[PDB]
Each structure stands twice: as C-alpha cells, then as structure tokens.
Enquirer: 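Consider the structure of reverse transcriptase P66 subunit with efavirenz bound.
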Amino acid sequence: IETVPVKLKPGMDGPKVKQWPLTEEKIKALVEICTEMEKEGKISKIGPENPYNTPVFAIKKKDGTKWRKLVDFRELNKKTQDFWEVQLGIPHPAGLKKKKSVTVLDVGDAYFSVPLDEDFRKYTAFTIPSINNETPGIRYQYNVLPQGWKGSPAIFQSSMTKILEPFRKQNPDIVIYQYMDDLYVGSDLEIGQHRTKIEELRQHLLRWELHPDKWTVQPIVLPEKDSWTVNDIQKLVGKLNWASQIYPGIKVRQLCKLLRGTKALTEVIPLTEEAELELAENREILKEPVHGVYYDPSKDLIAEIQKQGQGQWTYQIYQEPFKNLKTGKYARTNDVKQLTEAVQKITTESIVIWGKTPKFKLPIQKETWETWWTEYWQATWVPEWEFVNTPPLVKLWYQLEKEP
Amino acid sequence: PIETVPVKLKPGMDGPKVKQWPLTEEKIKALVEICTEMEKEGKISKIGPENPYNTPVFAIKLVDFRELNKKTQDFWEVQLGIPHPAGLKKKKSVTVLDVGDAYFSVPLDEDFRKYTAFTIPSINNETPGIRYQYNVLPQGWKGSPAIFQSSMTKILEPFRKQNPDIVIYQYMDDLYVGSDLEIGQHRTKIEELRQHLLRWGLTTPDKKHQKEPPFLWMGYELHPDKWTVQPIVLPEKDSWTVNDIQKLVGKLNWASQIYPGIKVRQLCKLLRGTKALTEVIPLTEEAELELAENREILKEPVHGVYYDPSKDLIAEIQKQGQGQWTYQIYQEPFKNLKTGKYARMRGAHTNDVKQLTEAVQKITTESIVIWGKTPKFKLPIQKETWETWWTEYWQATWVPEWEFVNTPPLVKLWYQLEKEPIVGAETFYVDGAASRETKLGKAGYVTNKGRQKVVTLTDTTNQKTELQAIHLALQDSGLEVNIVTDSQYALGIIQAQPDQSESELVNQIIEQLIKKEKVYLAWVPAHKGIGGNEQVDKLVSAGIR
RNA sequence: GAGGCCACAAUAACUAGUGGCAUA
DNA sequence: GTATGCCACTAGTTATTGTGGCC
Ligand SMILES: O=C1Nc2ccc(Cl)cc2[C@@](C#CC2CC2)(C(F)(F)F)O1
Ligand SMILES: [Ca+2]
Ligand SMILES: [Ca+2]
C-alpha cells in the first residue's frame, strides 16, 4: 500500500535533539531490539549525511520486565503539528469521561506494517550511543510508521475505524477512543462483564482499569479550633489572602481586625461574631465547586505538582494560573519513583477528559530528572515538562485539601 | 572499491565563487609541482570553462574551504566527545596505526566535485591560471571527517566480527588497537589488520615503524595498564596579569581530573569584572594560599588506572569549604580511575546538604558517560542529617546508593527552627525599607514586651534591610525568641540554612542562630493591618516613603 | 584570505519564569 | 496601574578567554 505524503512547515527544520547518555545495560538492550527491527525491515541503518536526530531510551514493558524501546518524538511531533491535528486529527468523545470503567489497551504493533513516506524518513533518525564515546554511534531511521509519532495514529486512522466498526455495532454503548498507541475502552457495565467485553475486542484485533467517574475534586477544609492563638490566625490569614487569587469571595478583613497591636504569638484571641461569620462564609466558599473555570480548546493544559512529604503529592491541572480545571492528591519508593507515577496518572486522566497531555511543571532539578525518569516510565508517550520551584504558600494551601 | 556518500549544499545555496589573489612566482612553482603530482595520482583533475566555481588556494590544507564549508549541508557530527582514559580497559598489548592516505583513499560524490574547484594563478596574472577540482575528500572540507569515519567503520566491520576480542578505536586518521594477546600473537593480528586495510588502499606503518607505548593522545599519556596527563608546569611570577591567571585556571582545571584536591575558586574571583588582558592584578592572600597548596599537590607524580568492568565503582566526596567539593573514583582502594572537583560558581546561599547533592548529581552523570553505570557513594554526611533535610525541603531528589564515611569536615545542619511558637518568649515583629534612588534604608523591630529599635543604613536594598531587621531581633533577644517578618526572601534564606557564604550579614545571622536555643520564625503578608507588623512598618518607613 | 573545529572551565552579556517584599 | 527592582529558587542563550586537541 502507498504512503500518505508528509511535510514539515516550509520554514521548519528537522529535529536535532541531543541524545542523553544511557547506561550500558540499556545500550545493550537497545542494540538487540534494533538489530531485530532492522532484520524485519522496520528500520534501516543510515549514513553521516543525515543530520537529524531524536533521543532513544529503554524502558521496561508493562507486562514483562524485558526491555522496550522508547523514541522521544516530542520535537518531531511539534514540527509536524499541522499534519496530525488539523489535516488528519482524531476527534475526542466527551462521553468517555463518564463511563464507570475505562480500560487502556496497547495497539502499538499496528503501525509496524504501514510504510512511511520515503521523503519523511530522514526526520525519524535516531542514534544508539556508546559508552565513553568509544564507537561512533549506531544510526537508524524508520521505514514504517513509528510508535510515538503522532502522525502514526492519524495515518492509520481510516484503517483503525474499519477494524472497529464491527465491534461498535455489536456493542453500541461502548466508547473506544485512541490516543497515540493506546485504546481507551469505556463501559458502564460491571467489572466481570467489562473484562469479558474487552477480551472480545482483544480477539477481534488479534485476528487482524480506570474509573473516571470516581475522579472527584475535593474541597479545601480549614482548621477548626476551639481556641485560636495569634499565630493560628496569622497563618490562616496568609493562606486565605493568597487563596483569594483562586476564590475572589474569600476575605480576611475581619480576621485581620482581630490582630490589633503588638501581640505575643501564643496569646489567645476569642473570635468575635464578625470574625466567626467571615470564617463561616469562607468555609462555604471553599466547599463549593469553583465557578468561571471552563476548558479552552485553543490553550495548552498545564499540570503543577507539589511535594507534600511522607510520600504525598498534590497536583493541579489548569490553563490559566489559579483557574484550576482539576486538583487532586497522589498517595504512595523514592521521590522520582512517586513523581513518575504521578505524572503518568495525571497524563492518563488528562487524555481521557480532554484528549490532550498537559505540560508538566515539576519540583525537581532537570539533571536529576533526566538521569532517572526512564527507570520507572511505562508509558509510550512523553509529556512536555519543565522544572520549577514551589512557593511555600502553594504547598501550604493544597495541603488543606480534604482526604478522599 | 569505497562507495561515495551523497552530499548536498544547504537549501537555496550555490557553490563558492571566491576570487583567487595573485601569488609570488615561488608559490606558483611549488603549487604547480604539488598539483601536477596530485593530478597524476587521480586525486584532482584539470577543469575548464564549464565550471563557474572557485575557492582560494590556502595562504600560509592546500585550499581554504571556509566558504564551501558554510554552504555545505550539516552532517551527523563524528567524535562529538572524546573517550576519557579512565573509561578504557586494561590491555596487554596496544598498537596505534596512523592511516597515511586516508582522505586520498575516499572518493568524493561525483556531483559534488564541481564545487571544490580552485585555481593556480599565472605569474604574470595576464594569462588564465590552471584550474582543478577534487576527486577525493579534500583536507579542510567540512564533510571529510564524517565521511572518512563512516567509510572506515564499514571497512572495519568484517575484521571486528572475526576478531571479537580485539578492541579497535578510530580517532581521526589513527586506529588504536588493543588486545590481551601476548605480544607475538598481537603483532600477528596487527599485520592481518594492515592487510585488511590495504585491500581498500589504506596504508599504515609496518612493525618497524609502529610507535611503542606510552602513546600521547589528547594531552594524556596512555600506557597498557595506566594513564596520566603529560607534565603540568605552573609559572612562578611576582606579578600576574589577567591573562596569566586565566592560563592558571585552565591548567589547574585540566589537572583536577587526576590530581586530587585541586581548588580554583580563589583564583577565579580575581577574574570577575572588567579587565584588559594586560592589567596586572594583585593576588589576594587567599589566592596566594590556594595557589600554594596547588603547587604542592602537583609536585607528586600521579596516575590513573583503567576500568575493571567486573568491580563496582566507588565515588568518595570531601568538602573543601567555601562551596568547594572534591571527589575520587576508584574500584580498589588508593587506585583512582579519576578525580574531579565541583564548585557552585554563583555565590548563592546554598545549603551544604544541597551542595553535596549536586556534586553527587554531577558525578552520577559523568559516571554514566564514562563507565555506563552509576557508582556507590561514600559521603561525609550521616543518614539522619540527610533524611531530615530532604523530607523538610520542597524539592525532590534521589541518590540511589550511598553510605556514611566519617572523614571530616562532616556535613551537618547547624540549627533547627521550631515548628510552633514558643510560650513565654518575646515576640519580635521585624521590618525593613529602602529607597532605590538614594540607597538609604532602615531596619527595626517592635516587641510585645514594649521594646523597639530602628537603625539607619546606607548603600542598602529592600532585601538587606529585611535581613538587618532579623539581625537586630536576634542580637537584642534572649535565648528564646519568636520572630515575625513579611519577607519570604529572608525566611527562605534562614530555613535553607546557608553554608558560610559571601554575605557577611548572612554569616552573622547564622552565628546568632547557633547560639540561640529556641527560634520560631513566621511569615505574615504585608499591608493587611496585622498588628505588630503594622507598628514596625510605620517605624522603619518613616524617613523612607 | 581580519581563522576556524571539539570537549571542559572561567568571565562578560542578554536574561526569562515563580515567589514574597518595593516602587509607581 | 501594568510596568519596574531586589534576590532566593528554576531554566537557559551568544560572545570572550583559558586548558587539552584537531585542521
Ligand atoms: O579499551 C581500550 N583499552 C586501552 C588501554 C591502553 C591503551 Cl594505550 C589503549 C586502549 C584502547 C584505546 C584508545 C584511544 C582512546 C586512545 C585501545 F583501543 F585498546 F587501544 O582502548
Ligand atoms: Ca517588608
Ligand atoms: Ca515595609
């Protein structure tokens, strides 16, 4: 079968991304995988006149602990975004977020047998590095649609629906959504009947879980105290004052009114009636779904994460600062372990609800993250990410979120 | 025969049309002889009017391809990083073969040849000159190293497959060949390699002409079983220029890979700011001391050993003070594979546990580059000091494999702030203010016991006054104190207990906090009518706003 | 035809984002 | 009223100089 032509935008150059250094055990694992992929025609060795490059990694498989190859096409995906979103975009069903159970299925090997436009193959170049720069570096390029390129599901889309039209008529209230190399299968059935309803699909493809409505935003719960000190009120005011950037009806005027004069931090302050009322109004604003926050499809999603201690992490998903479309907590290892699981959890939620992955703001140094993230990565996509500090008030605020 | 590599010009570009300047009759005579011979061997060919390109003959690389190079496509670049010697493995027998006719042995892509045209001018320059183009990779052309290396890799692959146990490293025009064979069997393998290469026209020195170890390579001296750096001479001068000092820091940084404990921070300070290269710079006595120690380090001979892949790597770090750390990597005690240093060049208030964790991250990355695996660390810090710092810190990290080693100076937290306000201790509300225009500022406190103080400062900032204010509260309080500030800057510096930094104010503050026995420190937002904060704010902003 | 090329380091410059302060 | 500066944290970039090399 012939290939769909693909082109970068006229000013665009191909990806020239530097390969991060790999451990010897991952280099050896990648040499095996690639010589097997070459023996099957899926990749070919390339010469030095190809200047492009994309990073390659080794991650462990979901099922087995055998090694798996991850090519980080984030840069190529950005450079081909007209192709895989406008020209051949895949629509996202708003019903998927409402199923009781959603299953994730790996349909990655489907692309292995569709050829890639010859004029585009040079842009898929990657390099298996060597220890200590002792040998030049083994260069390949793709002959078939690559896993991890967002062009692959778009190109394979008309083939994909033809495979699924039978299963969709038979089961007409099951939603199938595909994002990159994954199938998201949503059903309101119960668990035992759901797991059989996917095996019928797992056989239909072979011939050729998530609980979204359990995802629930928790309210902020303020301290309840029988006796308030100056210190307690000062701490509460700093948090509520900051939080008014989220909830504009929050007020601290009556609480600040109680802190008259140069008081000792442990002095007890009885709450006047005006104070108790401001506080009670504040509690009500907080245990009510925030308003004026609505998803904008023309904007990037952003996920921020705070380290809370004792293996606890809070996160927010937003597009404009303080306008959180979603917030939550992730509970338990090491920091990088937990942080990589949080990122994959949040990205999966974000794929189901909006069909996009968010750009992550991570509270870790870049170089530590780049050294260790593949030690626990199991996904086939890689979200964009950057590295930030955490302001103390941010952490202190989302620490108040009610535990589920 | 060696097959050509297709090479293109950059999109939208034509080839060079650079005019050739006239030359002396002596230069033309020598060029004619050189080119007549190159033409006989088939490396260049005479061309005529059909070719519109030109590149100047090199004026003291026969030809200067700077323009062609700008117009040539990019390549996957060859030998980006060099091996580090500590990543090599010990070998019984080692050989280096320099390939004599390397570029001359590789044909140039036929449709690219026309862009390499050049002219030998006539002596009168009233008659046209002799024009040529290259048939092989030209010396100096951007593409030749990457194409030659790629050709050499395909040539070497059959030989490597039949000789799994022989290491061949290709470096420019040289092959380094290592084996564990006794020298007699090694030399038999060397000659087979020479024969393999000669079938493609690649010539190499015979046994009588091959160099014997040690090999000089990239400033290293490589032995079969060890490596060192070639000698390191530090000039002895009474007066130092900026350029002299730059030369020192480069030699000292080069030495620090094998000479342990090198330090440069005090010499680096002397290079800050404007400075013409000739300006003589007076050496600080701290510089003079550190230069002194470095001279004593470099008096003793040292060497590195090679990597035994069957043993664990071990990295050990020592604090050298003032933000400087030093490390050694070995697999057997007292036999370093390499050493290095780590310095936080920005004069920040980094915590010592945090500086140490960056040293570890630097060493971990370097160790994956050189050996393909991470070492086990021995760190001058107890497991509980490390645990309390990181579980109290907003940032994630992870050091997978380390252990305490009791070699001082140990890393330890100097004080711990309270998490709850102290009963019966005086509450200080502190504040500062400054004008940007005049650099005039004030710092002070007011107290629940009725006390208060304001001090006026010159050549100061909003940031320093907030620290000054905390200085004052600490200075005039008892051994237990609650302090309330609106500067998250000043609070973060204190919570992130700095090492001895450059700011004398911060060191003074850290000293005061050691001597205290209970300090609770709290933040409140400014301009909210919070009592205490409001009174002191009125005090320090009087002659300022 | 005033030299380029690689790694590393230092310096200078442009820094940008987040955060409390602070200007207006 | 959106812009500025001061410095902690986070992330860079193009230039110079130096060390060790290569043309
Ligand atoms: O792995 C090893 N071990 C080793 C030990 C001593 C010597 Cl002198 C040389 C080597 C070698 C190399 C090389 C170039 C980077 C100089 C060799 F290629 F084998 F020669 O690499
Ligand atoms: Ca202040
Ligand atoms: Ca003030």
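Numbers restart at 1 for each chain; the letters A, B, ... are given by sequence-line order, proteins then strands. Counting starts at 1 for both ligands and their atoms, following the listed order.
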Enquirer: So, efavirenz - where exactly in the structure, counting duplicates?
Expert: ligand 1
Enquirer: What other chains contribute a heavy atom less than 4.0 Å from an atom of efavirenz (ligand 1)?
Expert: B
Enquirer: Which residues make up the contact shell of efavirenz (ligand 1) at 4.0 Å, heavy atoms only?
Expert: B/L88, B/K89, B/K91, B/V94, B/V167, B/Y169, B/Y176, B/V177, B/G178, B/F215, B/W217, B/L222, B/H223, B/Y306
Enquirer: For efavirenz (ligand 1), which atoms sit closer than 4.0 Å to a heavy atom of B/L222?
Expert: 8 (Cl), 16 (C)
Enquirer: Provide the number and element of each atom of efavirenz (ligand 1) under 4.0 Å from a heavy atom of B/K89.
Expert: 1 (O), 2 (C), 3 (N), 4 (C), 5 (C)
Enquirer: Identify, by atom number and element, the atoms of efavirenz (ligand 1) in contact range of B/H223, meaning under 4.0 Å from any of its heavy atoms.
Expert: 6 (C), 8 (Cl)
Enquirer: Provide the organism that the deposit lists for chain B.
Expert: Human immunodeficiency virus 1
Enquirer: Look at atom 10 (C) of efavirenz (ligand 1) and say which protein heavy atom is nearest, naming residue and atom and giving the distance to 0.1 Å.
Expert: B/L88 CD1, 4.0 Å
Enquirer: May I ask you to list the atoms of efavirenz (ligand 1) that are less than 4.0 angstrom from any heavy atom of B/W217?
Expert: 15 (C), 16 (C)
Enquirer: Below 4.0 angstrom from a heavy atom of B/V94, which efavirenz (ligand 1) atoms are there? Numbered from 1 as shown, please.
Expert: 6 (C), 7 (C), 8 (Cl), 9 (C)
